[PDB]
**Student:** 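Just downloaded a structure that has meropenem (bound form) in it.
For the single chain, residues carry numbers from 1 onward in sequence order. Heavy-atom basis, side chains included; hydrogens, waters and symmetry copies ignored. Atoms within each ligand, like the ligands themselves, are counted from 1 in listed order.
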Amino acid sequence: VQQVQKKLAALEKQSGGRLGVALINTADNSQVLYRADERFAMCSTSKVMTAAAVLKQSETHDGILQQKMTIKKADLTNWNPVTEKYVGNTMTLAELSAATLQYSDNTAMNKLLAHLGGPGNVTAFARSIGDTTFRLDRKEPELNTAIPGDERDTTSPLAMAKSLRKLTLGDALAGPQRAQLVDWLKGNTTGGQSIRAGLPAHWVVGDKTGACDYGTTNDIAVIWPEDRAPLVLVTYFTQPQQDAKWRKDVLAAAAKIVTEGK
Ligand SMILES: *C(=O)[C@@H]([C@@H]1NC(C(=O)O)=C(S[C@@H]2CN[C@@H](C(=O)N(C)C)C2)[C@@H]1C)[C@@H](C)O
């Protein structure tokens, strides 16, 4: 059905930006692709691979998720909805992971990066699960420049869709860790206006949004349409002006377009 292709193409043209979509239907492994092999800056969506790297460690290191880290007034970044509540005290890695994933807390992200030894370690983890496109280069907030043509902190919609699938439904993570990642993605509190907005209200969704410079507005999610096989969806969107406004409505439209009737 190229109807979807035409609709996506029109959506992009009308938006005046560059749209990236990758949908994987686990029912038969069919895919809906639109610039699925092009690179897009990930913004907060890179936080999923990051949190997953920590979960991977917990498979061998027992109780690591309960390990504590101190939050100093110096760790605070441009967005600390949760961490700012702990300046002077501690947060476990689980709490930190939850904070970065569900509230997109930047301080929490850098705390996880520090724990992992830097962005290069997240990239290594991605490679270990077969993702040869993903690449994390900087920490928060520099990783959000999203400069057109810059390959730093980018990935493709398809590569991210495959990795999200491997992580949440596949074998990239062990049972317990897989369940925690899914639980965290379902508990996201910032996706209300994105992919979720374009889906029937009773469908169950796990997702991670993101928004940064050049009006880059992203979202990656796993969708369970009632009792049907899960859908893995990545909607990436970026614009020409560095100061462009975010277009969460564009991702919602894209989501409706590709998931309608699934
Ligand atoms: C990540 O991409 C940045 C971070 N992540 C997200 C996100 O939704 O994933 C938010 S955007 C959110 C809606 N717009 C802002 C505002 O409306 N609030 C005050 C409610 C927050 C945030 C931009 C991170 C890299 O900085």
**Student:** What does the PDB entry call the chain with the greatest number of heavy-atom pairs under 4.5 Å to meropenem (bound form)?
**Tutor:** Class A beta-lactamase Sed1
**Student:** Can you help me find the covalent attachment of meropenem (bound form)? I need the residue and the atom.
**Tutor:** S44 OG
**Student:** Out of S44, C212, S194, who gets a non-hydrogen atom closest to atom 2 (O) of meropenem (bound form)?
**Tutor:** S44
**Student:** If you measure from each non-hydrogen atom of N144 to meropenem (bound form), which part falls under 4.0 Å: side chain, backbone, both or neither?
**Tutor:** side chain
**Student:** Does the residue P141 have a heavy-atom contact with meropenem (bound form), meaning some pair of atoms that are separated by less than 4.0 Å?
**Tutor:** no
**Student:** Provide the organism of origin for chain A from the PDB annotation.
**Tutor:**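 Per the PDB entry, it is Citrobacter sedlakii.
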**Student:** Heavy-atom contacts under 4.0 Å between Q193 and meropenem (bound form): side chain, backbone, both, or neither?
**Tutor:** neither
**Student:** At under 4.0 Å between heavy atoms, which part of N106 makes contact with meropenem (bound form): side chain, backbone, both or neither?
**Tutor:**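 It is the side chain that touches meropenem (bound form); the backbone stays farther off.
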**Student:** Can you list, by chain and number, the residues with heavy atoms within 4.0 Å of meropenem (bound form)?
**Tutor:**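 Heavy-atom contacts: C43, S44, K47, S104, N106, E140, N144, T190, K208, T209, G210, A211, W246, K248.
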